[PDB]
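Complex: tinengotinib / Fibroblast growth factor receptor 2.
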Amino acid sequence: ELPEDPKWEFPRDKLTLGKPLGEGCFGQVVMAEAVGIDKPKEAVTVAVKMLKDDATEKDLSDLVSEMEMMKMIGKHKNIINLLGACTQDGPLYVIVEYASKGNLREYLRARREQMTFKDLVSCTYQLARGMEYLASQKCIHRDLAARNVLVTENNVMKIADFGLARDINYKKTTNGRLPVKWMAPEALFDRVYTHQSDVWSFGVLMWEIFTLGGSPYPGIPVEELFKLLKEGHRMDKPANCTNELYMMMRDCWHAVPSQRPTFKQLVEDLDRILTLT
Amino acid sequence: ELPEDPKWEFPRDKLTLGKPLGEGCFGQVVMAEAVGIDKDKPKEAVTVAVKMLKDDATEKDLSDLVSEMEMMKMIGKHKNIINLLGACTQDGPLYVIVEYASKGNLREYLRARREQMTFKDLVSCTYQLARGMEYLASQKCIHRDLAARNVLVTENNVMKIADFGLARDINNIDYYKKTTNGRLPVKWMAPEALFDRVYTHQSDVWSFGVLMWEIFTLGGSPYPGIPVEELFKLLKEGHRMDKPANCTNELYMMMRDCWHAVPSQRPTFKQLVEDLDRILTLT
Amino acid sequence: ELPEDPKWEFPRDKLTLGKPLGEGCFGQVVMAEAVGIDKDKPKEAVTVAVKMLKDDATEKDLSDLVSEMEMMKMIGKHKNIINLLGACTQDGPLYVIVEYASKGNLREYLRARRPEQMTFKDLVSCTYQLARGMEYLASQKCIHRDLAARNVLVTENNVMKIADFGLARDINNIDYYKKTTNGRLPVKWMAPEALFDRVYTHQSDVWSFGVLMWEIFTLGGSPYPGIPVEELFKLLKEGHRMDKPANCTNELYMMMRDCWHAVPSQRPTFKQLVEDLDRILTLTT
Amino acid sequence: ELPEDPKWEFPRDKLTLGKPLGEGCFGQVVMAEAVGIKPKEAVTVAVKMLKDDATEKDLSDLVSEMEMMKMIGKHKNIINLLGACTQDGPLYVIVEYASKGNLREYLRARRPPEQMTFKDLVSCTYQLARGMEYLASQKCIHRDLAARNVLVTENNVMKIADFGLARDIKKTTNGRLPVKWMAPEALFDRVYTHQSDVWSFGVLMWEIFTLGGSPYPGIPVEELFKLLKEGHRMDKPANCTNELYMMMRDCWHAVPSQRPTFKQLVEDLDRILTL
Ligand SMILES: Cc1[nH]nc2c1N=C(c1ccccc1Cl)c1cnc(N3CCOCC3)cc1N2
Ligand SMILES: Cc1[nH]nc2c1N=C(c1ccccc1Cl)c1cnc(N3CCOCC3)cc1N2
Ligand SMILES: Cc1[nH]nc2c1N=C(c1ccccc1Cl)c1cnc(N3CCOCC3)cc1N2
Ligand SMILES: Cc1[nH]nc2c1N=C(c1ccccc1Cl)c1cnc(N3CCOCC3)cc1N2
Ligand SMILES: [Cl-]
C-alpha cells in the first residue's frame with residue numbers, strides 16, 4: 001500500500017528495539033539501535049516513531065506526512081534529522097535521531113547542574129537558526145513549543161515534531177488540532193498560517209525557555225484567552241531574560257502578522273547577544 | 001464565545017471541586033459534588049463528573065468539548081445514554097457537568113472481571129448498548145465513535161453511552177464526505193467511512209459489531225496481531241476477526257451480519273434491538 | 001471442447017462471413033450474413049456481426065468470450081439491449097453472432113454530429129432508451145459493471161443497444177459481488193463504492209449510468225475532462241463532480257448530480273430514472 | 001504518492017508533452033521532445049502514459065513494466081529505459097523512441113503486390129536474435145515474443161519492446177499471452193523457461209521471413225491446441241532459405257533442453273551473415 005523510497009528504506013530485520021523512550025497520544029516511539037544505517041556497519045541508536053494499537057486515520061495520515069516532511073528539509077544541525085525510514089511488510093516504523101536529554105520544556109523543568117544565563121541565550125539562539133534553515137526551505141513548523149523540541153546529549157538543541165508541518169512554497173484547515181496557548185491570533189481566528197505565525201509561536205517558545213520550562217499565559221483559561229489577544233494582553237517579562245530580549249520577544253507577539261520579525265532578523269539579533277554575554 | 005442556556009447553566013459557586021477521574025489525552029474530567037442540581041428540587045449535593053478542557057489544548061479540543069455540550073442537549077434523555085445534568089457556560093472556562101458512573105467505563109469494566117460475569121449478563125450489556133443506539137439513531141444522529149471504551153456502566157450496572165461530542169446531526173442529509181479522516185480510530189471504524197468518507201446510520205452498526213466483539217471477548221482489542229497499516233489491505237479482501245471463544249454462534253452470526261460489506265444491507269438498528277430481545281428471552 | 005447448447009447452436013454452413021468492423025482488446029467482430037437466423041422470418045438473410053477470436057488471442061480473451069456468451073443467454077431479448085440471435089459452439093472455430101447496428105457505438109456516433117444535426121430532444125430521448133435498457137438488467141438481476149457510453153451500440157434508425165457484457169455478472173442471491181477486486185475496469189466510469197470498497201450493485205451501476213448521461217450529453221466527450229486517472233482518487237474523496245455540459249438543461253443536471261450521490265442507498269434506482277426521464281421526455285415538443 | 005527513484009526521475013517541466021505516436025488498447029504512448037537525457041541536448045523520446053480508460057489493474061501493469069525496464073540495463077538491440085517522470089503529478093514512463101514503429105507492420109508495408117532484400121531480412125533476425133542474447137543472462141525472459149512487439153529504429157535498428165509481461169528469473173496465471181506464439185512446453189504445463197522463448201523466437205522468425213504473415217495461417221486459435229498436443233509444426237516460409245527452415249525446426253523442438261540456446265542461435269546466425 002505504501003511505496004518505499006529506495007534511499008530511505010531500511011530492512012526491518014536489521015533494527016533492534018530498546019526500552020521505549022515515550023508513549024504519547026500523538027505517537028509512540030521506541031529507542032532502538034540500527035546497524036549500518038549509513039554501509040559503515042555502525043550500530044547507531046535511533047529513536048523510532050510509530051503508531052499505537054488504535055490509531056486515528058488523521059494520525060496515520062499525519063505520521064506518514066511527517067515522515068515525508070523530513071525528506072524535503074536538508075540536514076541541519078538544529079532540526080532533528082531523519083536517518084532512515086522503514087515501510088516493510090510489517091507496520092510502518094520511522095527512524096529518527098536520538099536526543100539523550102529529552103525535550104526542552106522537560107529539560108529546563110529539571111534545572112529550576114545549574115543553568116547559567118548564557119546557556120539560555122545559546123538555547124534560544126539555536127532555535128532561531130533552525131527556523132532560519134526551514135524558512136530557506138519554506139517549511140512551516142506550526143508548533144514550535146518547548147515541549148516538543150528535543151535537546152540532545154551534550155546540550156545541542158533540536159527541533160522536533162514535524163508531523164504537523166506543511167510545505168509553504170490559507171485554506172486547508174481551520175488551524176485546529178494545535179495548542180492554542182502557543183498559537184498565533186491570525187491562525188486561531190482566520191485559520192491561515194505563515195512564517196510569522198511560527199515566529200509568534202517562537203515568541204511563546206522564548207517564554208518557555210526563559211521561565212525555566214514554565215507554562216505560558218499563567219492564570220488564564222483558554223476560553224478566556226480569545227478575548228485578551230484582541231485587546232492586547234501580552235504576558236509580562238520572565239525574570240531571568242534581560243530587558244533587551246523582552247522588547248524583541250514582545251515584538252514577536254504582534255497584532256498584525258506583517259509587523260512580526262522574520263527569522264533572519266531574529267537570528268541576527270540573537271547572534272550579537274551571545275557575543276556580549 | 002458562550003451564550004446562555006437558562007435551563008442548562010449551573011453556577012460555578014454551587015459546584016464543588018474534587019479528585020480527578022482520569023486525565024484523558026483529549027480532555028480532563030474531574031469528579032465533583034454538584035450542590036445545585038436537583039434530582040427532585042432537593043437542592044442537596046449530588047455526585048457528578050465535570051468535564052473540562054485542560055489548559056494545554058488542541059484548537060479542535062475546545063470545539064469538540066463545545067460540540068459535546070451542544071450535541072447532548074439535542075439528544076434528550078434515554079436510560080441507556082449518559083445524562084447531561086449541567087453546563088457552566090456563562091462564566092470562566094467551560095465546565096460541562098455530566099452524570100457519574102460508579103462502575104466505570106465498559107471496556108475496563110470487563111477487563112477487570114477476567115469477579116464473576118454470567119454469559120447472559122454479557123448479552124444484556126450487548127442487548128442494552130443496542131437499545132440505546134436505537135434511540136440515538138432514531139433522533140437522526142450518528143454517534144460516530146461507538147466502542148466499548150466509551151460505553152459507561154453505572155452503579156447497579158445500567159449501560160450508558162458516552163463521548164457524544166464527536167457525533168454529528170444527520171437529520172436531513174446523511175454526513176456526506178466532508179471529513180479529512182482524522183475523526184476516528186481505524187480498528188473500530190466502518191469501511192465506508194474509512195474509504196468512501198461517508199458515514200450513515202449503518203456505519204454505527206459496523207462499529208457496533210466491533211463493540212459486540214469487545215463486549216463478548218472480555219474487553220479485548222480487535223484486529224489483534226494486525227498492524228493498522230496492514231488492516232486496510234485485507235478490509236477490501238474482507239477477512240474478518242474470528243468469533244471470540246465462548247460466544248454462541250447466533251450472536252456470532254449477528255456479529256458477522258453487522259460486518260456486511262454493503263452498508264445498506266447491514267442489520268438495521270431497530271433489527272438489532274429486536275433480535276437481541278428475542279435472543280435474550282430464551283434464557 | 002465446449003459442451004453443446006442445442007438452442008444456441010447455429011450451423012456453420014448457413015453463416016457466410018463479411019468484412020470486419022473494428023478491433024478490440026477482447027477480440028474482433030466481423031459482419032456476416034446468416035440465413036434465417038431470426039425466427040418468425042425464416043429463409044431470409046439478416047445481417048449479423050460475429051464476435052470471433054483475434055488472430056493473436058489472449059487466453060483471458062478466449063475465456064472472456066465464453067463468459068460473454070453465457071451472459072447473452074441469461075439476459076433475454078429487449079429492444080434496447082444487444083441480444084443473442086444464435087451461436088456457433090461446435091467443432092472448429094467458435095463464432096458467436098450478435099445483432100448488427102448500422103450506425104455503430106454511441107460515443108463515436110455522437111462525435112459524428114457536433115456542430116450532421118442532432119436536436120436536444122433526441123439527446124434526452126436517447127438517454128431514455130438507455131435507462132429503460134438498464135431497468136431490464138436490474139429486473140433480471142444482473143449488473144453491467146462496465147456501463148459506459150462508448151460501448152452502447154446504436155442501430156440504424158437509432159434503437160440504442162447496450163454492449164460489452166463480459167464484465168457484468170449475475171446477482172441472483174448475493175447483491176455485493178465483492179469478490180472481484182480491480183480486475184479490468186475504467187476508473188472514470190467506475191463508481192466510488194466499488195473503486196474503494198470493491199463492492200458493485202445496481203445503485204453502483206447507476207453511478208456509471210450517471211457518467212454515461214454526461215458523455216452522451218456533451219457529444220461523446222471524455223468524462224472527467226482535464227483530470228488524470230491517477231489523481232482521480234484524491235478528488236473523488238473530496239467530492240469534486242464534473243460540471244453540467246453546456247447543452248444540458250438544469251433538470252437533467254440535477255438528475256445527473258442525483259445519479260452521482262455518494263451513498264448508494266440514496267441514489268435513484270433504474271425504475272426511477274426511467275420514470276423521471278419519461279416525463280421530462282413527454283414535455284419535449 | 002509513488003516513491004521517487006533519483007536516478008530515473010526526469011522533471012516534468014523539462015519534457016514538453018508532444019503528440020501521440022500510435023495507440024494500444026492497454027496503454028498509451030506519445031512522442032515528445034525531452035530536453036536532456038549525458039548529452040545535455042534536446043532530443044525526441046516516446047513517453048508511455050496511462051490512457052483514459054484506466055483499468056484498476058492497468059496501473060499495476062504500468063508499474064511492473066517500469067520495474068522490468070529498470071533492471072535490464074542497456075543493449076543495442078533492445079528498447080531500454082530513458083528515465084521516468086515518477087512522483088510529481090501524473091505518471092508517464094519514458095522509453096526510447098522508434099521511428100518506423102512495430103516491425104510486423106514494417107514488413108507488411110514492404111511487400112510488392114527500396115524494399116528489403118534477403119540479407120536485410122536475415123539482418124533483422126540477427127539483431128533480434130542478439131537482443132534475446134543480451135536479455136539472456138540477465139536472468140530475465142520476455143514472455144511475449146512476436147513481430148508486433150518488436151520495434152524498428154529509424155535507420156533500421158531493431159529493438160525489442162513492450163516489456164511488461166516479463167519476470168526476471170511457474171505459478172503465473174498465463175492468461176495474457178497469445179496461443180500461437182506460445183511455446184508448447186509453456187502453454188500446456190504453464191512452465192516458463194529462459195529457453196522456452198526459442199519457440200516464441202521460432203514463431204517470430206516466421207513473421208520476419210514472410211514479411212509479417214500471420215503464423216499458423218488458416219488454423220483458428222480454438223483448434224490450435226490439438227495440433228500442438230500431437231506432432232505438428234508450421235511450414236517453412238517461401239522466402240527463407242532452407243537452412244533457416246531447419247533452424248526454425250530446431251527452435252521449435254519438442255522438449256526445452258533441445259531448443260538451441262540463445263548463444264547458439266546468435267552464433268549460428270553470425271556465420272550465415274558472415275558467409
Ligand atoms: C523521538 C525521540 N528522539 N529522541 C528522543 C525522542 N523522544 C523523547 C520523548 C520524551 C517525552 C515524551 C515523548 C518523547 Cl518522544 C525522549 C524522552 N526521554 C529521553 N531520555 C532518555 C534518557 O534520559 C532522559 C530521558 C530522550 C528522548 N529523546
Ligand atoms: C466522563 C465520565 N462520566 N462518568 C465517568 C466518566 N469518566 C471516567 C473515564 C474512564 C475511562 C477513561 C476516561 C474517563 Cl473520563 C471514569 C473512570 N473511572 C471511574 N471509576 C471511579 C471509581 O473507581 C472505579 C473507576 C469512573 C468514571 N466515570
Ligand atoms: C459488435 C458490433 N455489433 N454491431 C457493430 C459492432 N461493432 C462495431 C464497433 C464500433 C466501435 C468500437 C468497437 C466495435 Cl466492435 C462497429 C463499428 N463500426 C461500424 N460502422 C461501420 C461502417 O461505418 C460506420 C461505422 C459498425 C459497428 N457495429
Ligand atoms: C514504445 C514506442 N517507442 N517508439 C514508438 C513506440 N510506440 C509505437 C507503437 C506501435 C505499435 C503498437 C503500439 C505502439 Cl505504442 C509507435 C507506433 N507507430 C509509430 N509511427 C509513427 C509515424 O507514423 C507511423 C507510426 C511510432 C511508434 N513509436
Ligand atoms: Cl450503501
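Note on naming: letters A, B, ... go to the chains in the order of the sequence lines (proteins, then strands), and numbering restarts at 1 for each one. Both ligands and their constituent atoms are indexed starting at 1 by order of listing. Basis for what follows: all heavy atoms, side chains included, without hydrogens, waters or symmetry-related copies.
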Next on the checklist: I'm trying to find tinengotinib in this model - which chains or ligands should I check?
Outcome noted: ligands 1, 2, 3 and 4
Checklist entry - Which other chains does a heavy-atom search at under 4.0 Å around tinengotinib (ligand 4) pick up? => result D
Checklist entry - According to the deposited model, which residue and atom hold a covalent bond to tinengotinib (ligand 4)? => result none
Checklist entry - For tinengotinib (ligand 4), which UniProt domain of chain D supplies most of the contacting residues? => result Protein kinase
Item to check | Organism, chain D, PDB record | outcome: Homo sapiens
